Asks: 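My structure is below; once you've seen it, I'll send some questions.
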Amino acid sequence: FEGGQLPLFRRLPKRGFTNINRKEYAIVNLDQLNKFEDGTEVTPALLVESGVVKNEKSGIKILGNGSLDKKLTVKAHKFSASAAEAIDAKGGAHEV
Amino acid sequence: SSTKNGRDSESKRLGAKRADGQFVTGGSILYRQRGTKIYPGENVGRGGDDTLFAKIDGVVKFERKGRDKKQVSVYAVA
Amino acid sequence: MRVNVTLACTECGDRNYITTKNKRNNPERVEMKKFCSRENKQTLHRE
RNA sequence: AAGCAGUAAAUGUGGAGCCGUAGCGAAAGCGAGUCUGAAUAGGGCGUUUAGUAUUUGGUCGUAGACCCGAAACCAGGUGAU
RNA sequence: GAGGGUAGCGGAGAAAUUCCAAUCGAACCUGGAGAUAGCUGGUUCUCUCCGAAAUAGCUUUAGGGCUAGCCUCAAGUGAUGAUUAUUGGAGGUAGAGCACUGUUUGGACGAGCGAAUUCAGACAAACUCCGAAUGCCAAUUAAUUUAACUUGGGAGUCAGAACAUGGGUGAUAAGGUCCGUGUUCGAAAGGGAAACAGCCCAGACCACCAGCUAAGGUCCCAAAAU
RNA sequence: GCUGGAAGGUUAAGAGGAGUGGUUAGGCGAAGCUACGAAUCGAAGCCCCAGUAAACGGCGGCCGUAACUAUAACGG
RNA sequence: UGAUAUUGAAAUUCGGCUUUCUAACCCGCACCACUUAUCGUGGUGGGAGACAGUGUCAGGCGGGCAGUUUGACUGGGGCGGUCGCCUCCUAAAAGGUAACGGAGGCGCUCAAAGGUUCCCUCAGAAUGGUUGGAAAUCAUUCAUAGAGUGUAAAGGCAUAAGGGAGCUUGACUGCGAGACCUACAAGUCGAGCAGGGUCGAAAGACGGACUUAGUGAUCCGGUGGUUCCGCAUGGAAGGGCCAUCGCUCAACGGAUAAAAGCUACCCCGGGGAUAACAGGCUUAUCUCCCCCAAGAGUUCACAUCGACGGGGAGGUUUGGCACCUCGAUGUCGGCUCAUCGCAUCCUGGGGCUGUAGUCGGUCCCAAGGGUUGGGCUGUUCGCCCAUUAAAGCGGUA
RNA sequence: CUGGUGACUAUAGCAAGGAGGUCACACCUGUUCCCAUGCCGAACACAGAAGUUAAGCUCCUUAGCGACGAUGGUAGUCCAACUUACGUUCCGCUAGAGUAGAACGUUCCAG
Ligand SMILES: O=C1C=CN(c2c(F)cc(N3C[C@H](CNc4ccon4)OC3=O)c(F)c2F)CC1
């Protein structure tokens, strides 16, 4: 209440809408993959029980905010344009 | 038994905004006025509504320009 | 006596404008050469 | 957390769930970058990025909400000694 | 006189807002119910440190509320605060003046001759050829000083008063009223002005049967020079 | 305001189903199913036409002028 | 008041208002039985009849009844006036700053009155003229801008911002370092960069108009365009985004899509924050005294009277202010009992006279004591009748 | 003691009278040639034997009107004491007056 003057929210207009088919992903940067053995196979079923991903909302997406430091084979739903650039540069190969 | 007066408009804050010998930036307002009571000098521009602003960084200088006329200029600091 | 007028392109992409108009002084639609953002070139308008 | 076993003990089990580790956009989406834009040309918000659980104190919100006090309104009943 | 009838979103009225169990412009009892009250009143032990406001903007607003401005407590960033000397600038008030716009006294010269010619003398918040004293903005210039700023937690305040001074208003009336500037009261005891919140001097941590001063004073009440 | 009247104007549900869309068996697109529609037919009432004041209500102003010489019986 | 259900026949008729018939339905109509009661049921006659009555839907009338609204500022409140924006003065040479203080304007306009390039320069014109109540037009010199600048005013402009002549649409798209203003929301200026262009030989100028008023959140609805979403899937229906529109919402930061009066029949909560009576400050007005002396008075300003103008006292009149009292300070005129001031009505003592006497005029000193009874109006006042040595004027809530 | 082009508050102006040239500025006699007038080859630009210092233009003289003006007083005024209008201490007008003043002058072309 502003004592009679129009409130700020009444003065401002509404914006946007919501999507019913909103899909979200659990991001995992290239920094959280420095604990597994060299050449190991990383799968969402493992990341959810190893301690990296607490809740897989609608899939695991791998980003590239950092260096891998190991040669692994990763299995995920989506890969960043820079996540695969550095995963295939340290050896191994990714897959969807 | 009534008054015919009682109207007035909001006051505009005219006059100088920076002092002589002071350092300013490239887009600092220096003088707000109606018309041209002070003319621009070196590295100074006159706005649409007769506002005087600088164009470079330097010291401000209020000097005289002819008999009964004033200007403002800006010189780079060395 | 003045009115609001909107200028559309001539048989191309429509990038409109808004100006004023006097009915008596100009009793017919006017034409001008303005910028067409979509076409990226000068083009004649009307209305 | 509920539940289960326990002295109405407050322990042991229970990992659905919640917050954090990554933002940006109305959205599709992209991602240490993203939005706007013909154009990383410029600008906006981020890359500053430690958190989380319990609890003492201060203040706010929903409940009468620091205490006492109206002129009235509505509902169902009692009255022509 | 006795026995009966009409009941409150209703009855009765030879009509007065008249009566319905000693207050009827709408009876009484219980419940919703701790109705609502931007309005009054009240609100319980002790010390220590700091310490306001009575203003602006908006308001179905004017004795209410909200943000800003002044207070306090923490965590931070570092001369970025204040006064003075000096060198610079912006800005037309006091005074003055008649060169512009007006108003206006006394003469002289024939274009119809006291104000769009000339010689003298005056006037102005909305006249200015001129123009201070102060105040204001600056210079990581100099000396003396102690602040200032940012983030977060909690507030109160929106009824002000007199005196001096620059003005409007009124009548160059008011302990009148509305603005600029400083002080005091408000929230400040002590001494002086006989008594006397606002005037003059001066800011109470506590105790003493010590000394020097301020305003104002020294014949008696009554401390100090008949 | 009340009473009577009808020439026409205007006006609801309802009836009426032109015509325009979304779907697809085979830029078009027949059917079926669907979301909406127009011409026209629909009464009182109100605008209109009369009557009623012991119905509600209302019943003028400025000049000049004698056989009534101040006045104004009369006229504008 | 219409449509439709209850609700069926026959004929007239330029998917039908109307004469027409019994069978539904209706009858506080008659005679019978239950039953020596006519409330009710049933049966037989008569009347009426697909109307009426009843249900749903629709239109109109409807203070008979009900729920509510009816602004604020304000030298108390009403009535009058005012409410947003622009310019000037008050405003005390930075900026800012009040009053129901002193003056005006705005709710537009222009397709050239915009941009650009080149040129130009105004009022008034001591005189000459086809001589028309000196000023239309033309001619030559004085000409410090006294002219103009769409529209109020104030700052600016003859290096033009004023006038004319040529081509033009920059009155462009995507933005934008840094500043002014500022509680918020808003408002104002802006170099520079990329994409298009216009004018100019070229530098270069151009993101409307010499500058400052010509305007209004959001929510909801309409019209275009489009990257986007669209409930199981493919479409669609509906949403989002960009451009744009519709408000004297003028009480102009806009309560709701939709709103006026009376109370002497009145009620509650508050205020001396705010009126009516008395107190207080003030003295415009009021009452009573003075200064100047032009003139009235035969001559003679001053016996006495005193134009024009000027200076004071008093706190009894009508007001100004709003400082004490609204959990309460009772009015006007009397009656009864008084007190006190002196600006003296009577009585006492004195000047001067325009003082013969008897009677007066005016002024000074004097407050001891006195200072009537009735008629008319609620009164104060005021008039009247008859008297008196005299029938004084003021204060005390 | 020249022309061109800039810097500076008319102390640089306005007047009044005087002197000077055919090397330079001007005046000057022409409209076929590019271009130009809302009468005027008037201006603008042009095609260019002569004709002349009468004016434009200059260096020289004169303080008449304008312009620049200290010293000393006066008004006003910050601060502080009295008290309301008077003292004291800093600043310091306007007007008027003695007066300056008939320009100073960089680069530059050729003399
Ligand atoms: O025509 C008149 C109008 C009003 N008048 C008046 C009055 F006569 C007495 C008082 N007051 C108020 C105070 C409280 N008195 C009462 C009495 C009943 O309620 N309260 O005591 C007084 O003296 C007042 F203010 C007045 F305006 C005068 C007579």
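All chains are named by letter (A, B, ...) in the order of the sequence lines, taking the proteins before the strands, and each is independently numbered beginning at 1. Numbering of ligands and ligand atoms starts at 1, following listing order. Lab note: partial entry displayed, contacts enumerated inside displayed portion only. This deposition comes from electron microscopy, 2.9 Å.
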Asks: I'm looking at ligand 1 and can't tell which of cefixime, latanoprost acid, contezolid, tinengotinib, lintitript it is. Any idea?
Replies: contezolid
Asks: Just trying to sort out this structure - which chain has the greatest number of contacts to contezolid, name per the PDB entry?
Replies: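 The chain with the most contacts is 23S rRNA.
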Asks: Looking at contezolid, which other chains have a heavy atom under 4.0 Å from it, would you say?
Replies: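 The heavy-atom check gives G.
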Asks: I'm trying to map the binding site of contezolid - which residues have a heavy atom under 4.0 Å from it?
Replies: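 Heavy-atom contacts: G:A276, G:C277, G:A328, G:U329, G:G330, G:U331.
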Asks: Got a sec? I need the residue and atom in covalent bond with contezolid, or none if there isn't one.
Replies: none
Asks: Mind checking the PDB entry for the source organism of RNA chain G?
Replies: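 According to the deposit, it's Staphylococcus aureus.
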